[PDB]
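Okay, so here's the structure we're looking at.
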Amino acid sequence: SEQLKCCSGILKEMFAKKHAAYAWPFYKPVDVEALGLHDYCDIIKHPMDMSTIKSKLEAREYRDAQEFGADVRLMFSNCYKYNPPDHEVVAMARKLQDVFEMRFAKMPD
Ligand SMILES: CCNC(=O)C[C@@H]1N=C(c2ccc(Cl)cc2)c2cc(OC)ccc2-n2c(C)nnc21
């Protein structure tokens, strides 16, 4: 339970305006329709976003902290898989990932 509460803090920071500069692209779920990505569903089968992860935490969907990280990492994996390695969005993803990996690890046991 205590560990689960920490997840909310880490995710909350990612939404802050401190990382919003390179974490805004991970705020809402990728709209294959709005964005016009007619090849996102074929590549990405299990999509995920920060907004979704936040809702799951509110509904106590996650059992442990480990599960919470699985979704966070999956969100970045889909980006690295869909978009190319020389893509700007990729550079921003690595920045947010580092902030999550550090906080997630620095989390009190
Ligand atoms: C760029 C090729 N086609 C795309 O739409 C890829 C898409 N690319 C973008 C994107 C990123 C930066 C710019 Cl300048 C233009 C488009 C994107 C834009 C979004 O705004 C609604 C949300 C998620 C995105 N995203 C993420 C996250 N990973 N790949 C993409």
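In order, the residues displayed for chain A correspond to 4-112 in the PDB entry numbering, which applies throughout. Counting starts at 1 for both ligands and their atoms, following the listed order. For the numbers below, each heavy atom of this structure counts, side chains included, while hydrogens, waters and symmetry mates do not.
- Per UniProt, the macromolecule in most contact with ligand 1 is Bromodomain-containing protein 4.
- Found at ligand 1 is the drug I-BET762.
- Most residues contacting I-BET762 in chain A map to the UniProt domain Bromo 2.
- Structurally, no covalent attachment point of I-BET762 is modeled.
- Neighbouring residues of I-BET762 under 4.0 Å (non-hydrogen atoms) are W27, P28, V33, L38, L40, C82, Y85, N86, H90, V92.
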